[PDB]
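Here's 3C-like proteinase nsp5 with nirmatrelvir bound to it.
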There are 2 protein chains.
Amino acid sequence: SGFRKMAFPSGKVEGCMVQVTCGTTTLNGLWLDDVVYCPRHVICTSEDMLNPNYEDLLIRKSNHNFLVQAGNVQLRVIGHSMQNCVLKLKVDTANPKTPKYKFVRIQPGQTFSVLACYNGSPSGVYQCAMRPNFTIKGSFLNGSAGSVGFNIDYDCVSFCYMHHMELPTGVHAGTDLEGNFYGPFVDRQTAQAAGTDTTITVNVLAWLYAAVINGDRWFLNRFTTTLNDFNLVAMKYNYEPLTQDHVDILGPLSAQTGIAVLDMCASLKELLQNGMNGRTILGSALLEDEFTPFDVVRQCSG
Amino acid sequence: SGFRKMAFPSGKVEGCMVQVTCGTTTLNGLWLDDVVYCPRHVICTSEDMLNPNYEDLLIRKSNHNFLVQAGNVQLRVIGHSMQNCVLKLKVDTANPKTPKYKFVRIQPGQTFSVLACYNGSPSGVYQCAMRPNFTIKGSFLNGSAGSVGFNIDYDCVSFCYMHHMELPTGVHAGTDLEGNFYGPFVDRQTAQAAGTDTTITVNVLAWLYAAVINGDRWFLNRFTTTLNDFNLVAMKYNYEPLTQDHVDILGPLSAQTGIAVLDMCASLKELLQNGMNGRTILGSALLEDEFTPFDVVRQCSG
Ligand SMILES: CC(C)(C)[C@H](NC(=O)C(F)(F)F)C(=O)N1C[C@H]2[C@@H]([C@H]1C(=O)N[C@H](C#N)C[C@@H]1CCNC1=O)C2(C)C
Ligand SMILES: CC(C)(C)[C@H](NC(=O)C(F)(F)F)C(=O)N1C[C@H]2[C@@H]([C@H]1C(=O)N[C@H](C#N)C[C@@H]1CCNC1=O)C2(C)C
């Protein structure tokens, strides 16, 4: 038992991380087969980052302007192109540690692991969720662009996120691996702001089930509610509305604990209207929404 | 910016994880050079686990009672011995992925990453602290014994923990890699209980500095206190007393923020006596004590 914010083991991704330098800008790249993927703003100076014209900037570069290092070994760039907000660098050597992989775009509410890297070197791994406003609450410093987010499915790495920038509220924005931003952001140093965020209700319910599985039961009650009555109060507290598909997704956890979904919604309703009043749930004094139903099953079942 | 519970990248450890079977008991082992380390209770049946005599149990086994699998490959056991609570299995093949490593015993208050494994297969990575009562608040299911805890120093993996068992409060106990338990526990299925835990004060102060570095300043005040006046109130709230060496250790964070240690102790004193009153710090409504000063510097500096 126990319950922790758990990341996927990162070894399969560590073998793909490289350093990419162009000019005096160094950031991280992802080396799969004979292609290195990295944020396109590697081709920018500080002058360019306020209003870059990336088409112009790219035609002014040649292959030998790109310095790619995989640890000690230099990789020779033999071709480049830009796909939306990423650069694709063709190199002369295919990465022998290329895992089975795919590129997937995730949805708000889903979680993934982040391998934070600097100068091509992995520094740390942590779990986060894609927020409803398409930002992530990460931990990133200068030089972290090109760090990637991923899930592991069986033997297969699904890459879902490449880091680009930090917004002024201290949250983070990036693209999928095809270079398309999550959310309404652009890779230029202008005034951009995230929209208002909401709490991911299905995830909160999943975490309440994790609590019951681990013996925290004080918030339960014998009441029940309906989907519409619950959604009515949830709107008022900036919670995402709950769908029948969410109820279905919580099925395995309902079965394991013998507590029906709409039963646990009535518990959540009371916690929203009355607070915790100084008690905790799984060691937290706030309602946690960055564990999916799948995360909970994976950790509380295996 | 941002602040997350961050684990070390696990790749260097993933390459050392093997599956160890003896009888119908399967658990994890650590394969370094030509030795596999695993919990000695792998040699137990369910009968034996209530009152094992491990000397007797071990002499009744031969090398061929031990099935060791590194993924697909079988390793041939050519010798065994017991060192305190671990078993050392000599195998015919040295692990070619052996990293530079050392065995270190950590102190209460220090943090490390855990690579949770089942059947020799890495499942997840998370950060935890060794509590003052020598337990860890982990997340472990049946089959997880032999999972290891580690820090990475430069190119060198320091192994500090091997998982053995869960106590009845749902916390976890294990040994260093020389087989010596942390805390007053034994590897038999008897009634054992952890002593009372306390809050790790130097870590709470480190986390308050992380908060200031990230722009959370509401809890600051212009007051100051002395080490003895602070320690006097901390005792009453089950906080570890603060030493001059702790003050020294917080130096880099004091310098970076321009807020003296004893200055921030006065802030902590007020938070203990008055609570948060519904505000949060770095997204938490409770005082967090599982980040060391080094963790904070590492994440808020690099
Ligand atoms: C003001 C700030 C935080 C420097 C800027 N932010 C915005 O202009 C805002 F609009 F998003 F607010 C921004 O992040 N960048 C500007 C420039 C890089 C991108 C950038 O410096 N990347 C960093 C890299 N490697 C990662 C950043 C640094 C702090 N922590 C991170 O995650 C471009 C091409 C977008
Ligand atoms: C009651 C319980 C939790 C099964 C027992 N606990 C105690 O007897 C207590 F005294 F600690 F309370 C215990 O853990 N074990 C008994 C047996 C194993 C050790 C054991 O089953 N290991 C597991 C393995 N692989 C890891 C455990 C399972 C749940 N989560 C973990 O971490 C020995 C040789 C100590």
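Residue numbering restarts at 1 for every chain, and letters A, B, ... go by the order of the sequence lines. When a ligand or atom number is given, it counts from 1 through the structure's own listing order.
Contact chains for nirmatrelvir (ligand 2) (heavy atom under 4.0 Å, other chains only): B. The shortest contact between atom 13 (C) of nirmatrelvir (ligand 2) and any protein heavy atom is with B:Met165 CB, 3.7 Å. Below 3.5 Å of separation, one finds an N or O of B:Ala145 facing an N or O of nirmatrelvir (ligand 2). Of all protein heavy atoms, the one closest to atom 28 (C) of nirmatrelvir (ligand 2) is B:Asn142 OD1, 3.4 Å. Within nirmatrelvir (ligand 2), counting atoms from 1 as listed, the ones closer than 4.0 Å to a heavy atom of B:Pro168 are 12 (F). Those atoms of nirmatrelvir (ligand 2) that come under 4.0 Å of a heavy atom in B:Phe140, given as number and element, are 30 (N), 32 (O).
When only interatomic distances are considered, the shortest N/O to N/O separation between B:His163 and nirmatrelvir (ligand 2) falls below 3.5 Å. Within the 4.0 Å heavy-atom cutoff, B:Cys44 does not count among the residues contacting nirmatrelvir (ligand 2). Of the polar atoms of B:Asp187, none of the N or O atoms is found under 3.5 Å from an N or O of nirmatrelvir (ligand 2), judged by distance alone. For atom 8 (O) of nirmatrelvir (ligand 2), the closest non-hydrogen atom of the protein is B:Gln189 CA, 3.2 Å.
Taking a distance limit of 4.0 Å, we find that atom 4 (C) of nirmatrelvir (ligand 2) is approached by no protein heavy atom.
Nearest protein neighbour of atom 10 (F) of nirmatrelvir (ligand 2), counting heavy atoms only, is B:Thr190 O, 2.7 Å. Among UniProt domains of chain B, the one with most residues near nirmatrelvir (ligand 2) is Peptidase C30. When the heavy atoms of B:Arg40, B:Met49, B:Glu166, B:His41 are ranked by distance to atom 30 (N) of nirmatrelvir (ligand 2), first place goes to B:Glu166. Ranking the protein heavy atoms by distance from atom 26 (C) of nirmatrelvir (ligand 2) puts B:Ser144 OG, 3.7 Å first. Entry annotation: the source organism of chain B is Severe acute respiratory syndrome coronavirus 2.
At a heavy-atom distance under 4.0 Å, atoms from both the backbone and the side chain of B:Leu167 approach nirmatrelvir (ligand 2). Against a heavy-atom cut-off of under 4.0 Å, B:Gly143 is close to the following atoms of nirmatrelvir (ligand 2): 24 (C), 25 (N).
Looking at B:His164 next to nirmatrelvir (ligand 2), an N or O pair under 3.5 Å apart turns up. For nirmatrelvir (ligand 2), the residues with heavy atoms nearer than 4.0 Å are B:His41, B:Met49, B:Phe140, B:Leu141, B:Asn142, B:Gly143, B:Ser144, B:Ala145, B:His163, B:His164, B:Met165, B:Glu166, B:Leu167, B:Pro168, B:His172, B:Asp187, B:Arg188, B:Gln189, B:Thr190, B:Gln192.
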